[PDB]
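The block underneath contains the structure these notes are about, expressed in C-alpha cells.
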Amino acid sequence: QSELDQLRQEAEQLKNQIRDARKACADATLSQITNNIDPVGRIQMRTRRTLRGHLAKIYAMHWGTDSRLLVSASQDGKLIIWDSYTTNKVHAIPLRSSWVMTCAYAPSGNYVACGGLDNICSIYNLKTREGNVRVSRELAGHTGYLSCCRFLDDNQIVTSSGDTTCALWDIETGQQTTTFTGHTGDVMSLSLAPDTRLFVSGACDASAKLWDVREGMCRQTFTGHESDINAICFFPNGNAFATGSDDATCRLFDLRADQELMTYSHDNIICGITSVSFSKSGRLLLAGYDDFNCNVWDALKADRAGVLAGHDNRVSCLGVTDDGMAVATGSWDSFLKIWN
Amino acid sequence: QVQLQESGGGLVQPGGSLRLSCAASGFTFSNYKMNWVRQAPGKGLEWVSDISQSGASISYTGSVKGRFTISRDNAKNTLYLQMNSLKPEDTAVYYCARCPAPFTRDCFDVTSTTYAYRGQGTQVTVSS
Amino acid sequence: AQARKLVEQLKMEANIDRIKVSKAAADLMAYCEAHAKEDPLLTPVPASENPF
Amino acid sequence: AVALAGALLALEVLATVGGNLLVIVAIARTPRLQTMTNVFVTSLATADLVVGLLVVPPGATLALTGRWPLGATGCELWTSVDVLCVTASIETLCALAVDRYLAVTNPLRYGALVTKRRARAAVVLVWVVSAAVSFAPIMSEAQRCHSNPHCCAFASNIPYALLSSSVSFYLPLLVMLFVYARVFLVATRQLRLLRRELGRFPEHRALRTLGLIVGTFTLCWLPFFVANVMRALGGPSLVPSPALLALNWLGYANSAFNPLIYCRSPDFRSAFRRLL
Amino acid sequence: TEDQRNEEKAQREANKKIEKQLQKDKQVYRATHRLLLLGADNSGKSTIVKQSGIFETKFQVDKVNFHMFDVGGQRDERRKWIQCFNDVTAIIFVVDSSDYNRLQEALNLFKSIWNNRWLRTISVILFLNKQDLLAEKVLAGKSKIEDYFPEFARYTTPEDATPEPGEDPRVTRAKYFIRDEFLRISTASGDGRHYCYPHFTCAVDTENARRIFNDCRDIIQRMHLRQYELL
Ligand SMILES: Nc1nc(CC(=O)Nc2ccc(CCNC[C@H](O)c3ccccc3)cc2)cs1
C-alpha cells in the first residue's frame, strides 16, 4: 500500500540521480570530436557469392572463426554449412523442429547449435568418429522461444529466450549454470564481448543490459531507444555496442561513459533494423533493414556511406567475417549473399 | 526512456464525468497509435478505445461507445479520454498503452499481462 | 521485496564510475584510426589477396 | 513499296531477337524467374529467337526479291529450320496453356505434378516432335523449283501439308482453346464471387488477358494455316505462293510479339529493369 | 598438388550427394501445406486438433498433406514469434462465438493479424466454434448481445444468409452479426491479396478438415489466378 509507493518514490529519485550523473559527464558529443576526421568514402560492395540451397526464409547465420565456413538456418528445418570460398555445402543438418530462429558455430568449429520455437537449444556434433552429424545435447530449460545462442567454449553456450531470460548453460551435463533475469519483454539478441567475460542483451522493452557472465548479475542497463530491439553487436574493442530497434534507428552505446553516443537515423528510413554488425576496424556499421536492403553506416559520423541491395525480401541475418574479408547477409527469400 | 504517466480522477457517482490525461514522453508521440486499456477489479485486461497517429480513425469497445471520447493532442504529447455517464461497470484502473512499432496499423499484444509501453495506471472508482 | 529488488538493482547501477563522453569518443575514434589499416571492407583490397 | 519493307525487316528482326534474348537472359540470371512454367517460356523464347534470327531474313528477301538468294542446300536448310521452329513455338504455346490449366484447375496438387524434371521432359518432347515433323520431307508446279531455277519450293506434297498443318497448328489450337475456355470460366466465377463478397459494406481482367493470348496467337497463325490447307487441297490456283509468303510473315510477326504476352509479370519486369 | 586436388574432389563429391537429398526434401516440402492454428484460451483450437512449444498435427485429405501446428509454449506477447509464420497457406483463426465478454478481444486480435506487414498476404480461415453454446445462450435470453455491441439493435439478417432449416430467427441474426463483424474488419482493408473464409462449427463437426481443404484449394487457386494477371 504505502510502502510500495514509498519505494517507488525512492526509485524515481534514484533514477533521477542516475540521469543527473549521466548528464553531468556529457562533455561533448561524438559528432563534435569526429568533425575533424576525413569521411569514409562511398563503400560499394558487390555480391561475390550467392549461396542458394535453402527452401524457405533464412532466419540466422553465423561465421566460423576461420572466416571460410558459415552455417545458416532456414524455416524449412535445415541447418546448412557452406564453404564460402567454393560455395559447396559441407553438411546439411535436418532439424527436428522447422521453426529455427537462431544458430551458432562453435568458436573452435567442432559443434553447431540451433534452436527456435521449441524452446530448446539443440547442439550438433560435426566431427564425429563415424563421419555423421548427430545431436550432442538438447538444452531444454527455457519457457518460450529461443531467440539467440552464442557458443563461449565447446562446453559453455549462452542462450537468449522469449521469456525475458538469458541462461548460461553447461553443454557437458546439460543444465543451466546461471540465469540472467531483469528484462521486461522478449529478449531478442545477445553478443559476447571479445573476451567473453561479459555480454549485452537486447530485449523487446526498448532497453539493453550488460551481463557479467561470472557473477550472473546485470551490470548496467542502457535505454535510449523507442521500441523493440531486434539486433545488437559489440564494437571490436569490447567497450561499446550498437543496438538496432524497430523505431528505425541504430544507436551506439558505450559501457564506460554509460550513455548513447551516435544515432544512426535518417528521415526517409521508416523501416526497422533487423540485424547489425561492425567491421573489423569498427568504422563501418552494417545494418540490415526491412526495406529489403542493408546499409553501411560510417559509425563515427552517422552519415550513410554505402548501401547493399539485391535481396527480394527483408534482410534477416548479417555477419562480418572474423578477419574482415566478407559480409554475408541472409534474407527471407532463402538466398545468402556474400559481399566484399 | 519511454514513459507514459496517467493522471485521471478518483471517486465519482454513477452518471458522473471524468477526464483522464496521459502525458506521453520519451518518444515521438505522432508516430504511434495510442490506446486505453483497463483492468476491472477481479478481472483481466481489456481494451477500451484507440486512436490513430493523427486523430482520424477512432475506435471504441462496445460498452464504452457513446459515453467515452478518446482524443489526442500531438502538440503537447498527451492523450485524453473524456468519460461521460459513468456506470458501476466502469470501475477499473486505466492504463494508457501505446503501440509497439511506429507507422503501423496493427497494434499487437497491447493488453498483455506484462507489456512494456504502458502506464502504471489510475484508479477510477465510481460509487456512492 | 519486489520494489526492494528493483531499487537495489537501480542502486547498484548508480555506483559505477563514468568517464566523459569526450574521452570515450576519443577512445573509439583512436581505435578506428589505429586499426584502419587492416579492414578489407573499408579499404578495398586487390583481387590477388581477395579470396572471393 | 518494298523500300519500307526494309524498315519492316529492321524493326521486326531486331525486336524478335532482342526481346527473346532478353527473356532467355533474365530467366537465366535471376533465381526468382526460374519457376516451373518459365522453362516453357524459355523454350518459347528459344524458338522465337531462332526464327527471328535465321527464318525472318531469308523469307523476307524471298518475299521482296522473288528469287531465293541462298543455294539449293541453303533452301533445304531454311525450309527444315522454319518448319522446325514454327512448330516448336506453337507446341510450347500449347504446353504453356496446359501448364496454367493445371496450375489453375488443380491448385493444390500442382507443385507436386509439374515439377522441373517433368517440365524439362515436356519441353524436350515438344522440340523432338517438332524436329520429327521438320525432317519428314528430307526422306523421299510439280517438281518445278526442284529443277534448281534458283528458287525455294515449300514441301507441297499434299499429305505432308495436311499432316504439318494438323500437328503444327490445328491440334494446338484445339487444346489451347478448350484449356483457356475452362480457365476463363473459373477465373470469371472467382471474380464474381470475390466482387459480391467485397462490396457488402459501405472488372474483366481474365477476358483481357485470355483474349490477348488467344488473339495474338490466332490473328497471326490462323490466316497462314487455312491458306496452307487450301493451297494443299485446291492448289496454286486457289492459293498463289506470294499469299503464302505474306501469311508466313504474319506468323513470324507473331514470334516477334510473343516476348510481350508471356513476360508481363512484375517479376519479369523487375528482372528486365535490373538488366537495363 | 595432388592432395589439394583430392581435397576439392572429395568436397564436390559431398556437395553433390547433399544437393541430391536436398532436392528430394524440396520435392516433399512443397507438396505439404502449413497452417498456423491460433485462437484464444477458451476458443477450442485444442479440439480442432483431431489427430513442447508447438503441437504439430499432420493430416491428409484427398491425398494432399496438410501440416497444422498450434503454438502453446510461448507467453502471451505474440508480436515477434508470429512473423515466423508469413509463409503458411492459411491462418486458422478459431474463436468461440458464445462468450461475448471476450469477443472484442478476438476482434482486435483479428484486426492486428489482418493489418500486419508480414501477415498482410496470409488469408485467414475463420472458425466460429461454439455454435451450440451460442444457440443455447441466445435462446435463454439472460445475455443480450446489445450490451456488448450497441449496434446489434440496428442489424438485419443478411438476405444471402442460409439459416439451417430448423432454427430460430434470433439464433441466425446472432450468428451472422458476429460473422459480419469479423467480415467487415476483413473487407475494410484486405485488398484482394488475402481473404477471410468464415465458418460455423460445433465441437462435434466431423467434416471440419474437408472445410480446410476446400478453403486452401480456393486460397491457392486465387493466388495462381492473381499471379497470371487473370483475376
Ligand atoms: N511448291 C512451290 N514452291 C514455290 C515457291 C515458294 O516461294 N515456296 C515457299 C512458300 C512459302 C514458304 C514459307 C514456309 N512456311 C512454312 C510454315 O512455317 C510452316 C509450314 C508447315 C508447318 C509449320 C510451319 C517457303 C517456300 C512455288 S510452288
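Sequence lines set the chain letters: A, B, ... in the order given, protein chains first and strands last, and positions in each chain run from 1. Only this structure's heavy atoms are used, side chains among them; waters, hydrogens and symmetry mates stay out. Order of appearance sets the numbers: ligands from 1, and atoms from 1 within every ligand.
The molecule at ligand 1, chosen from artesunate, mirabegron, oliceridine, is mirabegron. Going by the PDB entry, the chain with the most contacts to mirabegron (ligand 1) here is Beta-3 adrenergic receptor. Counting only non-hydrogen atoms, chains lying under 4.0 Å from mirabegron (ligand 1): D. Going by the entry, the organism behind chain D is Canis lupus familiaris. UniProt's transmembrane segments of chain D, taken in order from the N terminus and checked for a heavy atom under 4.0 Å from mirabegron (ligand 1), yield 3, 5, 6, 7.
At 4.0 Å, heavy atom to atom, the residues around mirabegron (ligand 1) are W78(D), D82(D), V86(D), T87(D), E141(D), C152(D), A153(D), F154(D), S156(D), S164(D), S168(D), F224(D), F225(D), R231(D), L245(D), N248(D), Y252(D).
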